[PDB]
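For reference, the structure discussed in these notes is given below.
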Amino acid sequence: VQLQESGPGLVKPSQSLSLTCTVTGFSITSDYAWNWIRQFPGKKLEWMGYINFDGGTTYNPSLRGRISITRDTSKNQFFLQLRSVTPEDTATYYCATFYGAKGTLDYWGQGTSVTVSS
Amino acid sequence: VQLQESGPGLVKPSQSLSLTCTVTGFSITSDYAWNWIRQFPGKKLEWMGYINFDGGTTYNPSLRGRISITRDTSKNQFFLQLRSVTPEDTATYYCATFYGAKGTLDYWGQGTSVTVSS
Amino acid sequence: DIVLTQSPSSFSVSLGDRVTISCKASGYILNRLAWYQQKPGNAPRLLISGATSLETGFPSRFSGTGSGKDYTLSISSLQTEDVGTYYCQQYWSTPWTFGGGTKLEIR
Amino acid sequence: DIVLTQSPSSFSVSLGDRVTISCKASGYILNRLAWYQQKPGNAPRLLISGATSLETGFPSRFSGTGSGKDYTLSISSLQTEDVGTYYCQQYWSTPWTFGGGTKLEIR
Amino acid sequence: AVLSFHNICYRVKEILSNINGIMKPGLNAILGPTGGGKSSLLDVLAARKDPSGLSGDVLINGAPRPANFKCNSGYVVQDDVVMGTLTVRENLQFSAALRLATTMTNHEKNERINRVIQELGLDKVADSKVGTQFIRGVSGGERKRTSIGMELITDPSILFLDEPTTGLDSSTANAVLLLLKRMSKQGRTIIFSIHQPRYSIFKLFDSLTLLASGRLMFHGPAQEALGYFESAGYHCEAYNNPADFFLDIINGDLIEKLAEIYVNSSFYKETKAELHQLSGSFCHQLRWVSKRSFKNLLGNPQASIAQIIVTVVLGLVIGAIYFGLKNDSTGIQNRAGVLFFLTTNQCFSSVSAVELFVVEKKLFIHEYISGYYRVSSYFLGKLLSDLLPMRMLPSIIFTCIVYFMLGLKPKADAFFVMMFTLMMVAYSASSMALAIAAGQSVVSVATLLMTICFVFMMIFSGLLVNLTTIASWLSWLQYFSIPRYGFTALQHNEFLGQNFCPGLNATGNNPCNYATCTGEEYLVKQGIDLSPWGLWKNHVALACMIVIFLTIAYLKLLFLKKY
Amino acid sequence: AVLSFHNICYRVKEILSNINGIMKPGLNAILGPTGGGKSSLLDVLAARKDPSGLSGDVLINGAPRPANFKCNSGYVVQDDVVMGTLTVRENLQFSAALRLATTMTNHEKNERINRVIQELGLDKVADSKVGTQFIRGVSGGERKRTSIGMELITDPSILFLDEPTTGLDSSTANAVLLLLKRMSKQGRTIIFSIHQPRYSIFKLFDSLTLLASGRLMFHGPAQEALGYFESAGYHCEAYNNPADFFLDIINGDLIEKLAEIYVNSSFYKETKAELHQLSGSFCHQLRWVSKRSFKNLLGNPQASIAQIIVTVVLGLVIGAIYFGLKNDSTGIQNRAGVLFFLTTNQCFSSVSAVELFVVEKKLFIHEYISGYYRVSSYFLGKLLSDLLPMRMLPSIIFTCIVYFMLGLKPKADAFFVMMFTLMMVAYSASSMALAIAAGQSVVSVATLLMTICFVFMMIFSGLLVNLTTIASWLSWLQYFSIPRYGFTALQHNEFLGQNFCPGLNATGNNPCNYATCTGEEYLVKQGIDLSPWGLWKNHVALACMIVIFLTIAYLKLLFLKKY
Ligand SMILES: CC[C@@]1(O)C(=O)OCc2c1cc1n(c2=O)Cc2cc3c(CN(C)C)c(O)ccc3nc2-1
């Protein structure tokens with residue numbers, strides 16, 4: 001119900017990326033699936049992958065082996081670990097909340113931007 | 001949403017029975033399934049059978065060949081035709097409205113009683 | 001079919017009491033267990049759907065706690081307007097058998 | 001996968017106009033067609049689910065009328081607060097591709 | 001009319017060196033062991049082998065063998081190549097149709113048979129059915145006569161027989177050989193080969209030849225064999241069979257020594273001074289081929305009716321199991337299951353086609369080398385005779401029975417779409433079986449292949465695995481499966497107007513997905529088109545597969561090693 | 001040691017009237033046509049027929065046949081009853097184990113074979129494999145010798161042979177008959193029957209008998225047959241086989257006339273003055289029966305390895321098609337499809353079980369009438385030899401391959417529950433097939449039946465039709481189906497902790513039903529128990545079905561008409 005990101009707004013290319021979405025007003029182990037989105041400059045949205053409420057996860061097949069989503073259940077966090085980051089995917093990142101029965105991206109984060117340069 | 005029965009509150013045994021449920025506030029061709037219930041003296045409820053929104057129908061297997069449900073769609077009516085009526089099933093009859101997705105008897109009639117004697 | 005045995009066919013309780021109405025099923029219903037409430041001279045008003053949910057138009061006192069076959073209803077601190085005839089229904093199969101229907105009393 | 005071609009990549013409309021945004025699908029979605037609305041500097045607020053429903057927090061002007069592949073959104077007599085970037089999404093398959101996203105303008 | 005030959009080397013491996021001799025108008029006999037060339041030389045003189053494998057010449061009355069030689073001579077195969085399911089009159093009318101001239105009268109076709117069946121002594125069994133395992137018929141001793149009559153239509157002067165005695169009893173075979181002796185004086189040159197002969201047979205010959213391990217040991221008239229092997233160093237003991245004493249020489253009471261004796265044989269020297277004097281219509285072809293297999297089809301209830309009984313009973317059992325498929329949450333499973341089953345059954349019953357051709361393979365070989373038909377005439381006739389009726393019927397028995405009992409979509413066109421789709425899938429599975437069976441005499445092999453094959457195809461039919469959820473380097477295999485197209489067509493035919501969530505109209509909106517609350521949602525989730533082309537795309541795929549597999553069968557029957 | 005008999009009437013239909021004679025220690029021959037009693041009298045003297053069908057007596061050295069007669073005499077069947085997949089040394093050690101005394105030494109079991117294999121001339125092929133179609137081995141002329149050695153272990157004085165010449169070449173059979181002639185003087189009474197004999201065979205006999213259409217025509221020594229039929233009115237012509245001239249009398253160059261000649265035969269009168277002077281351990285049994293079929297199992301890659309390779313491929317193909325079953329809306333279809341496909345596969349390989357008993361039927365009949373084993377010893381040994389290993393392996397090959405590729409429930413116990421369930425369903429389908437195929441020599445019959453039963457069982461297994469939605473007078477048939485219990489157990493084993501609506505936790509509440517959003521909802525909707533007894537109820541049902549079908553097989557093998 002209430003999401004928010006907090007992470008580095010910059011990174012060296014081809015190493016890694018870490019983002020963290022802390023969920024309040026609701027427990028990420030209770031009901032929903034939790035996914036990430038990125039929106040490039042020259043705005044085009046691109047859903048990245050969701051972690052289920054029970055740790056299971058499915059990732060966007062364009063991002064294979066590069067994205068991983070972990071979770072720390074004891075404080076309602078889920079982590080975006082994006083490795084071997086090219087300078088091209090310097091998009092604005094979001095965490096979002098998916099109902100499953102309603103089927104839509106019901107809730108969204110605030111919006112964190114990642115710039116991949118040197 | 002608004003149901004009501006109107007029929008004979010008495011019948012000779014072993015001939016027939018006619019009840020009519022006129023639905024207002026909603027059209028019986030739109031969404032729901034429409035079923036009948038009867039509650040005996042010495043109250044025990046007994047669901048009888050439903051006619052779907054598209055004319056299809058399924059009846060309680062204890063009442064085989066005896067109950068039939070027809071419908072007049074041009075005025076939102078569905079008809080309970082109960083034949084070879086024994087004097088034992090002199091129950092209080094109802095028409096009710098079933099959601100399908102919620103799964104429960106969401107709406108009910110007002111209550112018509114049928115006494116099968118001579 | 002599926003017969004719903006409300007083994008406590010009646011009760012004798014007082015106001016402000018937590019009463020627990022059982023509804024033993026003859027098969028797995030999987031939370032497809034409705035609760036009605038027939039005041040004398042009326043049609044059964046729907047009380048609880050899904051065996052754990054609630055229907056708008058009631059206090060937060062009626063609460064179903066069921067699992068598997070042993071479904072039950074809890075009425076914590078019942079009121080004067082809550083004596084009736086509670087029927088449990090399975091809407092799992094097609095022949096929607098109801099329960100026998102318990103009936104609360106006042107000692 | 002399923003690509004959602006918003007063939008009208010932009011528009012140039014005026015206030016009080018009925019604008020019709022198409023969203024051509026590359027496959028049958030069966031009313032699994034969401035509509036968002038990204039104001040600049042914000043996340044996409046959900047506008048329409050199910051391609052015909054509506055989301056609480058909007059006037060009764062946005063209305064989706066879609067069938068098969070040719071889903072569309074109708075904005076009858078749009079307001080000043082409704083210029084944005086409308087993205088249509090399919091939530092039928094797993095790779096939830098969005099639309100290109102049209103962008104309204106004022107002449 | 002005489003046969004003659006000289007310096008024959010036959011390899012694939014030379015089980016021969018060279019055979020020299022002539023055959024007079026009379027009774028020519030070839031004897032020896034099975035490992036010898038007694039069965040290969042006869043195929044050489046009847047031109048039943050590869051000419052490239054042949055080395056020497058075949059000179060007839062001062063003329064080589066033309067293309068017309070096979071069309072005016074008759075070779076009889078050792079097993080019963082006759083139609084025991086038919087009668088002698090019918091089968092001899094068949095052999096008269098494809099050998100006599102088109103100009104010749106049907107009265108002449110009535111008479112020339114009666115010049116032969118009267119000669120064979122088969123006037124008693126003219127209309128009597130010849131005989132099957134499941135239909136009692138004439139004794140086999142006259143099945144041999146039936147085949148011989150089949151090879152005497154246009155009055156061939158040159159007769160060839162593949163082991164006229166094996167397969168018959170002693171006095172049974174004597175009646176065949178006395179008939180041939182009657183043919184031995186009517187200007188008919190009979191050339192044959194007998195394993196383990198007898199002196200009753202040996203006392204009526206005119207010319208004799210012995211082969212052993214590809215080596216020639218005798219040539220000339222039959223009487224002098226006993227006269228020659230006395231000079232070889234032996235003596236026929238008291239009360240021994242001369243034809244068995246001729247094999248007493250062979251296996252040591254060595255081969256090179258006896259052959260060297262034959263090189264210095266005066267019987268060979270006269271032949272050396274003889275040989276070097278010598279060496280120095282389609283519509284009609286389809287009018288009667290269809291009829292013969294048609295009467296084979298009628299004359300076998302245990303294969304024709306017995307596959308209808310299974311069809312009727314299984315038509316009724318499936319009619320009782322399902323019986324009015326409900327439009328509830330279980331309706332999808334039942335409709336897909338039955339469509340599944342009907343399609344799988346068609347496919348798997350069509351592994352019986354391998355029977356048609358595999359059993360009729362040897363008859364096909366002999367009849368085409370005789371020249372009864374063009375290969376396409378056989379191929380457009382037998383498919384008209386067995387592929388057409390035996391697969392139109394079950395596609396109608398299933399269709400008429402299980403349609404209205406189950407309550408499948410109550411429209412006029414859908415009934416016939418299902419009828420035609422089952423017909424096409426029956427044809428297509430049979431056509432595959434036809435492609436995988438053509439040119440194979442083994443049954444257990446092919447049937448084994450067809451069986452795995454369909455078992456893989458069903459995995460791609462769409463029920464046992466969802467075709468959209470396969471790795472993309474396997475999703476190209478979903479096109480090589482016959483049970484996919486018919487099953488897709490049936491799912492398209494039936495799941496259009498249906499609904500399966502009672503009380504929940506889903507065609508306007510489907511709240512709470514993962515539900516499959518209409519026929520289209522199940523149909524799309526399987527990866528099946530909803531446009532009306534999506535139905536008949538399967539049919540054109542199946543029609544192309546029929547044509548392709550029948551062409552592969554046609555080429556296998558054309559490029560087959562007939563020799 | 002002599003045989004004797006008198007006034008034998010044998011019916012089911014009397015194809016006999018009465019046969020009189022004695023057989024001296026020597027070489028006793030029975031000749032005639034196949035329709036005659038030449039094959040039935042030999043089964044009479046070897047006690048291979050129904051005693052109630054027998055009428056007369058069998059008197060041996062002034063004593064009737066005891067129960068010990070079959071345990072000290074040897075009858076050899078016409079076809080190769082030897083284990084061509086094994087070698088002579090191994091097979092003769094088998095026949096030494098079950099016939100020699102338990103007290104006798106293994107050194108004596110080493111020596112007594114070497115007193116016989118040395119006699120047969122089989123010292124070259126002692127360890128050489130005898131021969132199969134797919135494994136090159138010894139020539140058949142010594143397969144005959146191999147069987148004879150199998151029937152010479154405990155030194156039986158009375159030998160019986162079913163057609164010692166049929167199935168062999170001429171000089172091939174002479175080497176068998178000269179070996180028997182060597183046995184003709186070592187105090188071994190050989191009694192046999194030959195179809196179409198030869199004078200080389202005829203010149204070495206000691207006593208002779210002729211049968212024709214159930215009528216006796218000769219008795220006495222073999223030389224005088226030619227001497228007697230001269231007085232019948234015939235004369236053996238110049239250079240004719242005497243043994244073939246003896247059948248020249250039979251079929252008209254009538255039967256009652258020749259029999260009346262035999263009634264007034266002096267050869268019969270001496271026999272009339274002779275006959276009326278006459279008429280006036282289990283652990284060891286399982287120690288070696290298991291080994292023999294075990295070496296049959298090793299000595300046939302085309303049936304043992306060829307049924308592994310396939311399992312291995314399919315386990316890999318099924319491992320590639322599914323490969324990590326997703327927990328989405330398509331997961332139910334894939335898991336149920338694969339579980340269905342596995343259960344079905346096991347049932348279908350079970351259909352080759354018939355090939356075990358149907359092929360080994362004639363060997364079983366001969367070996368039990370010889371008395372090599374109790375029927376339960378055969379039944380507890382062969383199942384230990386072929387039913388056990390050939391079905392433990394594929395239930396492990398499938399289990400090891402397709403479990404972790406597909407990602408079936410990642411627990412330790414569920415892996416072994418699936419392993420054991422596939423093992424049990426393999427056993428149960430094999431047990432049913434074994435009961436159907438017990439006591440049937442035909443393959444095409446049963447194989448057709450087992451396929452029919454299975455195609456009906458599968459219609460009830462639970463995938464092609466929902467078992468709760470069947471009319472209540474058919475829902476009792478869902479208990480007679482092996483593919484139901486194994487498939488139910490697999491669905492119970494795998495669908496417990498699963499979920500199939502991603503993003504929708506359903507175990508607390510399932511809003512919007514008709515969804516099947518957890519494993520239990522699918523499992524209950526199929527009519528399958530959720531209690532842990534619901535899993536092992538299937539296993540105890542399958543264990544009871546194994547025991548029942550093996551008992552039906554045991555009774556069919558016990559109450560079989562061995563005669
Ligand atoms: C799934 C199709 C079906 O069950 C059906 O509903 O229609 C009939 C039929 C079926 C499967 C099989 N058969 C049939 O006649 C024969 C068959 C042989 C199979 C063999 C070879 N047998 C000789 C054991 C295998 O090795 C593996 C799977 C096999 N599956 C089958």
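Here is the naming used below: chain letters follow the sequence lines, and residue numbers restart at 1 for every chain. Below, each value reflects all heavy atoms present in this structure, side chains not excepted, and no hydrogens, waters or symmetry copies. Looks like electron microscopy, 3.4 Å, at least that's what the header says. Counting starts at 1 for both ligands and their atoms, following the listed order.
- Tallying contacts with ligand 1, the largest count belongs to the chain named in the PDB entry as ATP-binding cassette sub-family G member 2.
- Of eplerenone, topotecan, mifepristone, delavirdine, maxacalcitol, the drug at ligand 1 is topotecan.
- The letters of other chains with a heavy atom under 4.0 Å from topotecan are E, F.
- Result for topotecan at 4.0 Å: UniProt transmembrane segments of chain F, from the N terminus, with a heavy atom inside the cut-off are 2, 5.
- Looking at chain F, most residues touching topotecan fall inside the UniProt domain ABC transmembrane type-2.
- In this entry, the organism cited as the source of chain F is Homo sapiens.
- Heavy atoms within 4.0 Å of topotecan belong to E/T344, E/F348, E/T451, E/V455, E/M458, F/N345, F/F348, F/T451, F/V455, F/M458.
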